[PDB]
Amino acid sequence: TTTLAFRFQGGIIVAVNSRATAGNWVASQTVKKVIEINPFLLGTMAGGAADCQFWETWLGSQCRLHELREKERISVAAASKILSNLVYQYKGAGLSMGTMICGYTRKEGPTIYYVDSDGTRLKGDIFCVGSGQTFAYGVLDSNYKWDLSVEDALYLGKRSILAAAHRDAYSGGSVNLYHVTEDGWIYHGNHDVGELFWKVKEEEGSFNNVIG
Amino acid sequence: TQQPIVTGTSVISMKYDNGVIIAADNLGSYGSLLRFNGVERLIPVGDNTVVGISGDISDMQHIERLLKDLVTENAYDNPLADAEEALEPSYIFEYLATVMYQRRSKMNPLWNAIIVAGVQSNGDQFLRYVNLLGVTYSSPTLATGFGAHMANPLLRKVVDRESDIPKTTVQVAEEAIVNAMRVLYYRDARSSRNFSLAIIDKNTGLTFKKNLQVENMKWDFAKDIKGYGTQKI
Amino acid sequence: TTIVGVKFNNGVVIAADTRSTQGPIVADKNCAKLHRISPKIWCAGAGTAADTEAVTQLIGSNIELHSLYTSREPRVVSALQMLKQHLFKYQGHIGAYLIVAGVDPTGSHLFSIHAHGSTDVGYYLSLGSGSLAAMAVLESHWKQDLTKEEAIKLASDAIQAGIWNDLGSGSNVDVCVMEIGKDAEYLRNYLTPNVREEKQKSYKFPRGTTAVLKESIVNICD
Amino acid sequence: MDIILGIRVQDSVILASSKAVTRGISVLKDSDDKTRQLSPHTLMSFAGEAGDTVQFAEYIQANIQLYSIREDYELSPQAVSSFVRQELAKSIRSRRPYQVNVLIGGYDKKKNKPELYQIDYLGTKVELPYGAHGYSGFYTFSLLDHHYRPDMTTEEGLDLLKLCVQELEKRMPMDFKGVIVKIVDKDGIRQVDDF
Amino acid sequence: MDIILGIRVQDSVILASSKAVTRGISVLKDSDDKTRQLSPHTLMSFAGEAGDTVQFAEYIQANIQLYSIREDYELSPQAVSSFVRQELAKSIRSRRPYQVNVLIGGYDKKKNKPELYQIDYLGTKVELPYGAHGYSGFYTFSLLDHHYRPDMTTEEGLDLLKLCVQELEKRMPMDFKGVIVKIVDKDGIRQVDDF
Amino acid sequence: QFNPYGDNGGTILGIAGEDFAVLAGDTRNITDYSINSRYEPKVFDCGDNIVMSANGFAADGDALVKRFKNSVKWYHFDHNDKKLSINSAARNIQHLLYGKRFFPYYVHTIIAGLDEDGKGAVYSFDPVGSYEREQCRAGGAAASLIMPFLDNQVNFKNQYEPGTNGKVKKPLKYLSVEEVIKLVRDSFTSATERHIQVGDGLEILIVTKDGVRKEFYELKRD
Amino acid sequence: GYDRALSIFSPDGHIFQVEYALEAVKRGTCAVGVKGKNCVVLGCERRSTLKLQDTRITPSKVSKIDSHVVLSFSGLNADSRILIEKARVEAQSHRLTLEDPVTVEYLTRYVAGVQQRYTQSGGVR
Amino acid sequence: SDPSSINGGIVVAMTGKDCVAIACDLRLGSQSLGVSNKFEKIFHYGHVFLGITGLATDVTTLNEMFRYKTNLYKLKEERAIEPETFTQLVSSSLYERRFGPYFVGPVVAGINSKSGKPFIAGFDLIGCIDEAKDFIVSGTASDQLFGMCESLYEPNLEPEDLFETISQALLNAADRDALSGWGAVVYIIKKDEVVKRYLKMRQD
Amino acid sequence: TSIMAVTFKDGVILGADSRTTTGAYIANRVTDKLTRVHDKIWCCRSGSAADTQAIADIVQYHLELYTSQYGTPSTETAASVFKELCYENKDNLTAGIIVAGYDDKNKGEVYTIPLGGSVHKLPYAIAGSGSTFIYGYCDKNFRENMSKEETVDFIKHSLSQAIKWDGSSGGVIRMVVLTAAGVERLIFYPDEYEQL
Ligand SMILES: *[C@@](C)(CO)[C@](*)(O)[C@H](CC(C)C)NC(=O)[C@H](Cc1ccccc1)NC(=O)[C@H](CC(C)C)NC(=O)[C@H](CCc1ccccc1)NC(=O)CN1CCOCC1
Ligand SMILES: *[C@@](C)(CO)[C@](*)(O)[C@H](CC(C)C)NC(=O)[C@H](Cc1ccccc1)NC(=O)[C@H](CC(C)C)NC(=O)[C@H](CCc1ccccc1)NC(=O)CN1CCOCC1
Ligand SMILES: *[C@@](C)(CO)[C@](*)(O)[C@H](CC(C)C)NC(=O)[C@H](Cc1ccccc1)NC(=O)[C@H](CC(C)C)NC(=O)[C@H](CCc1ccccc1)NC(=O)CN1CCOCC1
Ligand SMILES: [Cl-]
Ligand SMILES: [Mg+2]
Ligand SMILES: [Mg+2]
Ligand SMILES: [Mg+2]
Ligand SMILES: [Mg+2]
C-alpha cells in the first residue's frame, strides 16, 4: 500500500492506491482503501486487508450508534479513539493496521488522526502510511504549502500516490481521490496508473528515468 | 498435541456392482517392533456398515467405544431401530467426521485415518474417508497409508471411474483386494501376513472374514540373486 | 519421475515417463530421461535433473575412453562401479537415482544406483516418486521367463501406473530395449496417451493490438 | 518516544521532552507533546513502547482527576508518585506489562518545595535533583553532576537544560527534533514556547 | 556511513555524501569525507560496513593510479566502473566479502559527457541520471523523478540536491550531520565548501 | 509436532456476465503427490441463487460452506423467508472468516450469483475475511497461471485498438455465457498441462434468474 | 447470590417499592434548583435539630461531579453517595474515551439509568 | 534473502514458422525499491541470443563470461557458434559451479545457420537443459508466463503474429508480478534479419 | 537388518535376512547381505547399504592385493582391514559388520565389528536391528562344536524370530557355509521359516 492525507487551506485531501499483494503475487488492482464512515468521516486502510476492512466497517457501526444515542455526529477525535482503544485491547495478538481517520466537525474543524495496530494515535496535518509511504512523503513534502488551491492540492495528492505507485513494487493499480470540506467529503474519481503515468509524464515533463 | 504409539498400517477398500469390500491387516506395531498380532482393525456397526481404522490403536479403541455407544443411543425410544430408523453408513461417517474435525480444531486429534464402508437403505454403495485433520473424500477406491501409494494403483486398474462399478463383480473385486494385500506384505515394513476382509452386499448382506493369510507368493527368484554388483558366487 | 527396468529372455528393457517438474509446475512435458552411457548400456535417471545428466555423461565419456584403451566393448559393471564410487565420494549431495541396464560380452544386466552410492541387483526395479505405483504393478504381474514383447508391456504398464497415480509423473512413455546379439533400440515416445485436446478458441490477436514505443534493426553480422 | 529529562531547582521543576515520533525509517511527527497534567501542580512526562505510553499516562491522569473531584483536594507529588509506582509494580507481573518510563515533576504546596521523581517501567522510584530516561542519561548525568547547583533559579535551570540539549544534539545518533519544555512551580504549570 | 547521493546533469556529475560517523550511541565524527579520487576526472563515494569501506576504496584507488602511471593514460569512467564491479563480483563469493556500496561519478574526456554509475556490494552495476544507496533512495528517487530534467546546469543540480538533503533532514530518523558535495566535470574534481 | 493444516490442492474460477455468473472448479482432491479422489465436488449450490466454493484446506473449506449454508437457513427463519442478497451473503461470510482471525480457515473463498439489479456478481475472499466484488477471479493452486489470462481475455488488459498508436484501449463489453464457458474450459486445460495438482475433471455451475445449471467436462488424468 | 424480586407490580399496576422510595424522598430535607439567564443556583435545607455540628467536615449537600457539573439531592443520604460516586467515575471515563467532558443531559441520563436498573434488578431495592 | 527474487525480472522465448522470438522486461530493483528501468536481460553472441533472469550481478557476470568464451570459440573454430552448441556450453559452465552456483535462469534462442531450424532452450541454475518446440519461460513471474504461453501459443505462427503472442504473454504476466515490468523488449529473429521492439506497458 | 555368524565343528556359517528399507518402505526384499571379500572369508553387512558396500569393496581390493604378494590372508587379517576402515572413518560411517572365515589351521572364526570400529572375536555373533529380539534365545540355545545341520537350524530359528518381531527385517533367509569342502549357498523362504 501507499495512502496519504494532508490538511490545507481548503480542507483535507485524501489519496490512496488500489493494489493488494500476497507476497510478490499481485492479488488485486481495484481495492477500495478508503472507507466511507459517514458524509463527514473517512478512513484509510493500510496493512492487513481483513483487519482494516473488518474493524473500520465496525467503527462505522459504533459511530452510527453514537449519533443515535447522543443525537449528534461523532467527533473525529472520539471516532479515532474508539478504533485506537479497540486495537490496543488486541495488542500483541498480531493485528496489522495503519489507518487514518479524516473528517470535519464544527467544534474541531478539519482533522486527521493517524491510528495504527500497536496503539499509536496521533493528530497531525500530514501523514503517509504504507509500504510506499516514503516515496509519497518525498513528493508531498517538497511541494506542500498551506496556501495550495483545491485544484493544486487534489493534483499533489494524486501525484504523490503516482510517485509511490511507480517506485514501490507493492503499490500501484489506480489512484482514488477524496476532498473533505465543511459540507462533507467529495469523491474525485478513480484514476488508473496505466493511463495516468504517461499523461503525467507527457504533460509535466517528469519521469525522465523511464524510456519514453 | 499427540504422537502415535501403537499403530495400525494400511486399510484398503473398493466398490463393486452390488456393494463394497474393505480389508486391513491384524497388526499393532510399536515403532519397528511388530508388537501385537491379534488386533482387529475392521469394526462392524449394525449389519450394513464396516469402519476400517488405521493409525493409533488407543484412539481406535476409543472410536470403537463411541460407535458401540452410538448403536445403544440410537435404540433408545426407537421402535424402528432394526428397520427404517436403523443406523446408516452416512450417519455413522458424518458423526465420526464431526468428531475428527472437532478434535483437530482443539489441537488434540484422534491420530487416525478412517474408511467407512457400507450399503445405504436404498441399495446405494457408501465409501468415504476421513482422517486426523478432518479431511474427507470419496472415490471408487480408497486406501490409507502405504495402501494409498500401492493398492490404489492396482484397484484403479479394475475400477478407474464411476461407470466401471456396475461392470465389476464381487469375485473380481475381492481378487484385486487380496492381491493388493499381498503387494503390501512384500513392500510395507510395518505389515503382517494375517488380515481380515469384509464384504457388505445389498443382497447377501454383511460377510465378515477373519484369519485370512497372504498366499501364492513369489520368492523363488531370490536364489539367483548374488551380491550387489560384481560378485559371482 | 517414474522409471523402471525389467529383465527378459535374451536381454533387458528400461522405461521412463517424460515429466519434468519445478515445484508444482510442469517445466518440460516431454523430457528424455533415458540416457546412453555406451551404445548397448543405457541409463534411466530420477532425482535432481542436472545431476543425472551430468553424472551419466561423465561416466559415459570415461567408459568410451576405457573401451578404446582396452579394445573391448564396455561392461555394465564398469559403468556401475564408476557411477557408485563417484556418487559415494559426494555423500549423496549429487542427487542422482539411476537404473543402469545393458548387454555386454558377459551377458545382460540390470542394476539400480542411489544418490549415496548403494547399488542393488534385480529382475525388476523401479525408482522415482512414482516407484511405489510402478512397483505395485511389477509385483502383481511380473514372472520368470518373460519374452521381449511381454517385458515391454510390463515395463510400460508400470510407467503408466506412475503417470496416472503419481502427480510427480506424467505425459509420455519412453522405452529402450537392449537384446543380446542385436543393436539396442531406443523407442522415444513409445506411448503418447496424454495428447492435449483441441482448444475451444484461437487466441491469435489482430495485428497492431500491442502498443509499441520504438523499432530498430539489430546487427547480427560482422 | 526517546528523550525525557527533568531538573529540580530552588523553586521549580523543569521537564524537557523530545518532539519526534518515529516509526520505521520515517519521522511521522515533529511536534509531539510527551506529557500529561495529572493535577494543577503535578506534571508527568513519559517514554517507552508505542501505544502503551499514552494509554498509561491518560489512565493515571483520569485516576488522579477522579481523586481531586472526590475529595475536593489536590494530592501531593509524593502521593501521586507512589500511586504511579504501585501501578507499574502491578503491571510488571501482568500478562502484558506497560513498557513505560516516566518522570513526575510537581510542586508541593504544603511544603512549598519542588519535587522530581524518576520511575521506570519496573516500578523503581527515586527522588532526584535531576533525572533522565533512556540513553539521554549517559550524556546528561555527567554534565549535570558538573554544572548543577541546588540553589539555582528557574532561568539558570533553563540555561543548564539548553546545555544538555546541545550535547544530545551533538552526540546522539537519532534526530529527535528538539524538545518541549514545561515548568512546574507554585503558580502551576506553564510551557516555554521558544526553545 | 549511511547517505550517499549522485546526480548526473548536462555537463557534470555531483556527488553528495553524509559527514557523520556513528558507533553505538555516539557520533564519533561529523566531518568525514566518504569519497576517494580514483583519477583526475573520476570520483568514487562509498558506504557500508565499518573498515571495509575505506579499505576497499583505497585498494581501488591504488589500482587505478597504478594503471595511470603504467600507461600514462586516464581510464574512462566506464572502464573504471567495470573494474570496480568485477572486484565486488569476486568479493561476494569470497570467504569474507566486502560489504561496500559505491557510486562512481566521472567525466569522460573522449565523449565529453558526464557519467554516474551505481554499484552495490553484490557487484550490481547500473548507469543512471541520478542514484542513491541505502534508505536515502526511498525519499530522493521519487523526488528526483518529479524535479529532475536531463538538460540541467550544475547550479540547477545543486539546488535539486539541496531539495533532497532538506527532505532527508526532515524525514530521516538519524542525524547524519549534513553532506560534503563534490562536482566532477571537464576541469576535474572540486569541492563545494559552503553547503 | 501436530500440524492442524493441510493442502488439498485444486483450483477455482469465477466469472460474471451481464445477466449470469459462473463458478467453476476442478474435481481433483490431493495430498502431497497422491490423488485422493478424481471426482470430489467443491462448488456448491447454497440456495437463494448463491453458489460457493472454498478452495485450499478441504476440511476448513467444507466447514465454512457447511456454516454458510446453515447461515442461509437461519436467515430465512429470522427474517420471514427473505431472500439473502449476494452482497449480504458476502458480508456474512466476512464475519464467519474473521470470527476465526486467530486460527484461520486456510481457504480462498469465492461466491457467485446475481445482484439485486439482476446483474452477474462474483465476490472473492482471503482466508481471514477481506472481500471485494469483481468481474473476474481465479483462486487456488493454479490461480497464478489462470488469473493473468483472464485479465487479458475478460477485462481486455494490455489490448489496444489496432492502428490507434496504442492510444485507444480495447473497449470493455459483457461476454456471452457461450464465450465465458470457452474461457473457463481453456483456462483449466492450460492449468492442467502445467500444474500437477490440477486435472481429472471440471465442474461448472452457471447462475441465471431461472436457477442454477451444471456442466461437467473431462480433464487429463496424469 | 441474593436474587429476590423486591420491586414488583401490584394488582392496580403500581410498583410499591418505587413508590415507597418516593416517600423517603418526601421525608428528606428540601432542595431547590433555579436557573437564570447566565447561571444556575442550587439551594438546600439543613434541619436545625442538630446543634453541636462541625460544618467544616460534615458532608456538604451539593456535590461536584466534575468541574462543570454539580448534583444536589433529597432522601436517604447514604444512598446518594453511591450515585455520586458512580457519576464521578462515569464523568472521568467519558473524558478518557470521548476526549470531552460530559454534557449535563448525558450525566443526568446516566444517573437516571442507574436508578432505573435498581427498579428491575433482583436482590436490590 | 532469496537471491533469485531480489532484483526481479522475466524472460520468455517462443518459436514460429522459420523464426524465433525472445523477450524480457526492463526492471532492476532491490526488493520493493525499483532502481533501474533500462536493465536489459537479453544479450547476443553472433546470431545466438541469450536471455538471463535472476540475481543481476550473475546476469552481468555470465554475459561477460559467455562473450569471453564465444570470442575464443570463433577465433579457433573460424566460425560463429550455433544455438545447439552454445546451449551445451551454457550447461557445462553452470554445472562447473554445481556447489556454488550462479543464481540465474538462462534462456537460449536462435536459428541454426546451416539447417535453418528454429531453436530455443531453458536452464535451471545448475545447468539442466530444458529443450522445447513451443516456448521457454524464466523469472519471478514464471508461473504467470507458463499460464499465458500455454493458453495463447499456437504452432507455426508468422513473425508478425508471433510478435503479438509473445508480447501479450510477457505484458500480462508482468502485470501480475510486483518485481517484474517497468518496460519490455521483444526480439523477432528471422534467418538473416533481426527486429528489436520496445513495448509500451504500465509503469507501476 | 538381522545378521549372524556361527562357528561349528566343520567351520563357520553366515546368516542374514534379505530386507532393505527406506523408512517403512522396502526398497529391496531380496537383498544379498552376505558378501565375499575372499575365497573363504565372507562378511555380513548391517547399517548403511552404501557405506557397507564401499567398505566391503575396499577390503576385497586390499585382500586381493595381499594375496598377490603374500598368499592367502588369515580371517584375523581381514577383520583388521575392516576395523582399520571403520575405526579411522568412524565419524562418517554407519556400518555394523560381522567378518567370518575358514582357515585350515584356525578352522572357523568369527569377528564382529560394531559402530565404533572395535574388534571382538567370538564363538558366534549377532547384529542388526532385529538381533535385539534374539539375544535371549541365542544365548540359551548356542552350543560349541555343533554339527552343520544343528547350526543351520540354530541360525534358521534365530533369524525366524528376529524377522517375526523386527519390522526392519524380513524376506528370505540367506546362508553361506564355510568349510574345508568349499563354499555352499543356502536359501530359506517365508512359507518354511515363518511357521517354525
Ligand atoms: C499495500 C497495498 C501492500 O503492502 C498495502 O499495505 C495493503 C493494504 C490494503 C490491501 C488494505 N496490504 C496488503 O495488500 C496486504 C499485505 C499483507 C499480506 C499478508 C499479511 C498482511 C499484509 N495483503 C493482504 O492482506 C492479502 C489480501 C489478498 C490480496 C486477498 N491477504 C493475504 O495476504 C492473506 C491473509 C493474510 C493473513 C493475515 C493474518 C492471518 C492469516 C492470513 N493470506 C493469503 O492469502 C495466504 N496465501 C496467499 C496466496 O495464496 C496462498 C495463501
Ligand atoms: C520426477 C519428476 C521427480 O523425482 C523425476 O525424478 C524428475 C527427474 C527427471 C527430470 C530427470 N525430477 C525432476 O524433474 C526434478 C525434481 C526435483 C526438483 C527439485 C530438486 C530436486 C529434484 N526437477 C528438477 O531438478 C528441476 C529441473 C528443471 C525443471 C529443469 N530443477 C529445479 O527445480 C531446480 C532445482 C535445482 C536443484 C539445485 C540443488 C539441489 C536440488 C535441485 N530449481 C530451480 O531451478 C528453481 N529456481 C530457478 C532459478 O533460481 C532460483 C531457483
Ligand atoms: C537393517 C534394515 C537395519 O539394521 C539392515 O541393517 C539394512 C542393511 C542392509 C541393506 C545391508 N539396512 C538398511 O537397509 C539401511 C537402513 C539405514 C538407513 C539409513 C541409515 C542407516 C541405515 N538402508 C539404507 O541404507 C537405504 C538403502 C537405500 C534405500 C537403497 N538408504 C537410505 O535410507 C538412504 C540413506 C541415507 C543415509 C542416512 C544415514 C547414513 C547413510 C545414508 N536414506 C534416504 O534416502 C532417506 N529417505 C529420504 C526421503 O524419505 C524417505 C527416506
Ligand atoms: Cl546391500
Ligand atoms: Mg510499483
Ligand atoms: Mg495435471
Ligand atoms: Mg508489475
Ligand atoms: Mg518382518
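Proteins get letters first, then strands, A, B, ... in listed order; numbering begins at 1 in each. The way this entry was determined, per its header, is X-ray crystallography, 2.9 Å. Worth knowing before you read on, the calculation uses all heavy atoms, side chains too, and leaves out hydrogens, waters and symmetry mates. The displayed model is a subset of the deposited entry, and contacts were enumerated within the subset. Note that ligands are numbered from 1 as they come in the structure, with each ligand's atoms numbered from 1 the same way.
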Inset, instruction - Give the name, as used in UniProt, of the chain with the most heavy-atom contacts to ligand 1. - result: Proteasome subunit beta type-5
Inset, instruction - List the drug name recorded for ligand 1. - result: carfilzomib (bound form)
Inset, instruction - Enumerate the other chains with heavy atoms less than 4.0 Å from carfilzomib (bound form, ligand 1). - result: A, F
Legend entry - Entry label for chain F: Proteasome subunit beta type-6
Inset, instruction - Write down the residue and atom holding a covalent tether to carfilzomib (bound form, ligand 1), else none. - result: A:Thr1 OG1
Inset, instruction - Find the residue among the UniProt active-site annotations of chain A nearest to carfilzomib (bound form, ligand 1); state the heavy-atom distance to the nearest 1 Å. - result: A:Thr1, 1 Å
Inset, instruction - Tell me which UniProt bortezomib-binding residues of chain A have a non-hydrogen atom under 4.0 Å from carfilzomib (bound form, ligand 1). - result: A:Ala49
Legend entry - carfilzomib (bound form, ligand 1): binding-site residues, heavy-atom cut-off 4.0 Å: A:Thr1, A:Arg19, A:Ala20, A:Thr21, A:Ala22, A:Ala27, A:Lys33, A:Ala46, A:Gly47, A:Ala49, A:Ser131, A:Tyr170, F:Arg101, F:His108, F:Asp126, F:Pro127, F:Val128
